[PDB]
**Q** 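One structure, pasted below without further comment.
All chains are named by letter (A, B, ...) in the order of the sequence lines, taking the proteins before the strands, and each is independently numbered beginning at 1. Side chains are part of it too, since the values below use all heavy atoms of this structure and drop only hydrogens, waters and symmetry mates. Whatever order the structure lists them in is the order used to number ligands and atoms, beginning at 1. This deposition comes from X-ray crystallography, 1.8 Å.
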Amino acid sequence: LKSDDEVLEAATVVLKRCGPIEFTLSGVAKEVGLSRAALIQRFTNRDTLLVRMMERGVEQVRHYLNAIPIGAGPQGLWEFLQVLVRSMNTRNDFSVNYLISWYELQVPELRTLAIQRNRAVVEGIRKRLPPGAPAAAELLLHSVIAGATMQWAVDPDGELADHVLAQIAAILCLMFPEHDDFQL
Amino acid sequence: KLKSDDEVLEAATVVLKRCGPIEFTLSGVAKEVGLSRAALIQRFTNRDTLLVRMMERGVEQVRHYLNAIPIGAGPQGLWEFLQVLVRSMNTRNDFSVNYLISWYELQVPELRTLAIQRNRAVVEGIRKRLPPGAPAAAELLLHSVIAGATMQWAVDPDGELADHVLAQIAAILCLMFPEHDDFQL
Ligand SMILES: CC[C@H]1OC(=O)[C@H](C)[C@@H](O[C@H]2C[C@@](C)(OC)[C@@H](O)[C@H](C)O2)[C@H](C)[C@@H](O[C@@H]2O[C@H](C)C[C@H](N(C)C)[C@H]2O)[C@](C)(O)C[C@@H](C)C(=O)[C@H](C)[C@@H](O)[C@]1(C)O
Ligand SMILES: CC[C@H]1OC(=O)[C@H](C)[C@@H](O[C@H]2C[C@@](C)(OC)[C@@H](O)[C@H](C)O2)[C@H](C)[C@@H](O[C@@H]2O[C@H](C)C[C@H](N(C)C)[C@H]2O)[C@](C)(O)C[C@@H](C)C(=O)[C@H](C)[C@@H](O)[C@]1(C)O
Ligand SMILES: [Cl-]
Ligand SMILES: [Cl-]
């Protein structure tokens with residue numbers, strides 16, 4: 001496997017499967033089909049590879065959110081938030097995200113990228129707000145996604161998206177009380 | 001004389017908040033409470049059993065704390081309760097340890113049940129304080145705002161935790177209770 005991008009994607013697979021503590025160059029090397037020495041020549045060491053991977057994360061969030069088609073009014077916002085929430089993968093071990101997030105906060109380089117990642121998502125929501133959205137509505141919507149996601153991770157009932165989006169629908173009704181119900 | 005079980009578990013919880021659940025050891029708790037490692041083994045068997053007892057005490061403390069918050073009336077009484085609840089989270093030391101504690105709980109079924117009980121106690125505590133005319137499932141939305149806004153702050157801190165979270169709580173309460181005044185801290 002050749003490109004920096006192909007290698008960083010394979011390393012991301014490993015990070016999701018093992019978490020950041022058990023993450024190793026050897027495990028990336030075995031995933032991507034390259035020698036560990038090759039990873040070292042291209043990315044210097046474990047810590048530096050983690051940084052490049054998380055840089056690619058923030059890039060991919062921005063790349064992803066920026067091209068999602070924009071619909072009109074509260075209904076467009078609702079559509080966007082559905083796509084956003086459904087984008088989260090719960091198929092293997094969702095709890096690894098909380099270990100990832102914790103680990104990121106301990107390493108200044110990763111912490112800055114984590115901030116950029118959340119800022120990108122908040123700004124992505126902000127740009128989909130129709131006129132008449134309450135002030136700072138983007139912060140509230142991102143909080144509901146993160147908080148309801150946590151609720152479900154601890155105490156799961158049904159699919160993540162259904163738990164989160166029910167709450168999103170509820171807050172959208174409060175933000176746009178003259179709109180028709182938001183269909184989930 | 002013997003130190004109480006509550007004193008020992010308190011000391012252990014301080015250690016857990018300092019080192020996190022991966023680095024938590026009997027030796028650390030012993031150093032913290034002035035007791036021998038041997039004495040801790042006698043009373044609490046092992047490190048895993050000690051963590052279960054600490055987390056059982058945690059759920060008890062949550063329930064006791066929520067019961068102790070004065071009960072007001074109306075949307076104002078709910079806002080007052082929420083202010084106390086949010087301000088109850090200690091930010092004296094490294095708040096990010098809470099995310100590790102949460103992750104670890106999810107890995108250990110006995111601890112995960114207790115984390116579920118904790119969140120359920122807080123959700124139910126909010127629910128019992130909802131005035132009539134709060135929207136359906138408002139207690140879940142309010143808990144989500146606290147959790148989500150706290151995580152936003154823990155990743156990207158601007159000022160005090162409570163200030164960041166309560167600005168959003170005030171915002172949603174305005175939406176829930178449009179016929180009410182602005183909610184002031
Ligand atoms: C702690 C709990 C927090 O989770 C995380 O921070 C983990 C650690 C991220 O993965 C981190 C780390 C990592 C390696 O994925 C595990 C990386 O690939 C991503 C970009 O960021 C997640 C899952 C990201 O998902 C990514 O959302 C993109 C829009 C699409 C992408 N996917 C379709 C490709 C998906 O994975 C993303 C950006 O945070 C989702 C948005 C909705 C949020 O802001 C939500 C509210 C999160 O703050 C959160 C759930 O509260
Ligand atoms: C991950 C992020 C989550 O944090 C935790 O789960 C950590 C791990 C708990 O500590 C865990 C673990 C531990 C050891 O503390 C770190 C234990 O002592 C407490 C009870 O539970 C926190 C902090 C608890 O604080 C406690 O709130 C009580 C009302 C009063 C109590 N204390 C001041 C009287 C205070 O500690 C408590 C209950 O979760 C606060 C309520 C508001 C929540 O439900 C919020 C929304 C959380 O779910 C959260 C912030 O999203
Ligand atoms: Cl994902
Ligand atoms: Cl606390």
**Q** Which chain is the chief contact partner of ligand 2 here, under the naming of the PDB entry?
**A** Repressor protein MphR(A)
**Q** Out of interest, what does the PDB call the drug at ligand 2?
**A** erythromycin
**Q** Counting only non-hydrogen atoms strictly under 4.0 Å, which other chains reach erythromycin (ligand 2)?
**A** A, B
**Q** Write out the residues of other chains lying under 4.0 Å from erythromycin (ligand 2), heavy atoms counted.
**A** A:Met150, B:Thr13, B:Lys17, B:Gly58, B:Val62, B:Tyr65, B:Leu85, B:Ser88, B:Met89, B:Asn98, B:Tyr99, B:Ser102, B:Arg118, B:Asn119, B:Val122, B:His143, B:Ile146, B:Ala147, B:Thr150
**Q** Could you tell me whether atom 50 (C) of erythromycin (ligand 2) has a protein heavy atom closer than 4.0 Å?
**A** yes
**Q** Backbone or side chain, does any N or O of B:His143 fall under 3.5 Å from an N or O of erythromycin (ligand 2)?
**A** yes
**Q** Is any other ligand or ion found less than 4.0 Å from erythromycin (ligand 2), and which?
**A** ligand 4 (chloride ion)
**Q** Going by a strict under-4.0 Å cutoff (protein heavy atoms only), does atom 6 (O) of erythromycin (ligand 2) have a neighbour on the protein?
**A** yes
**Q** Can you check whether a protein heavy atom sits less than 4.0 angstrom from atom 22 (C) of erythromycin (ligand 2)?
**A** no
**Q** Using protein heavy atoms only, decide if any is under 4.0 Å from atom 1 (C) of erythromycin (ligand 2).
**A** yes
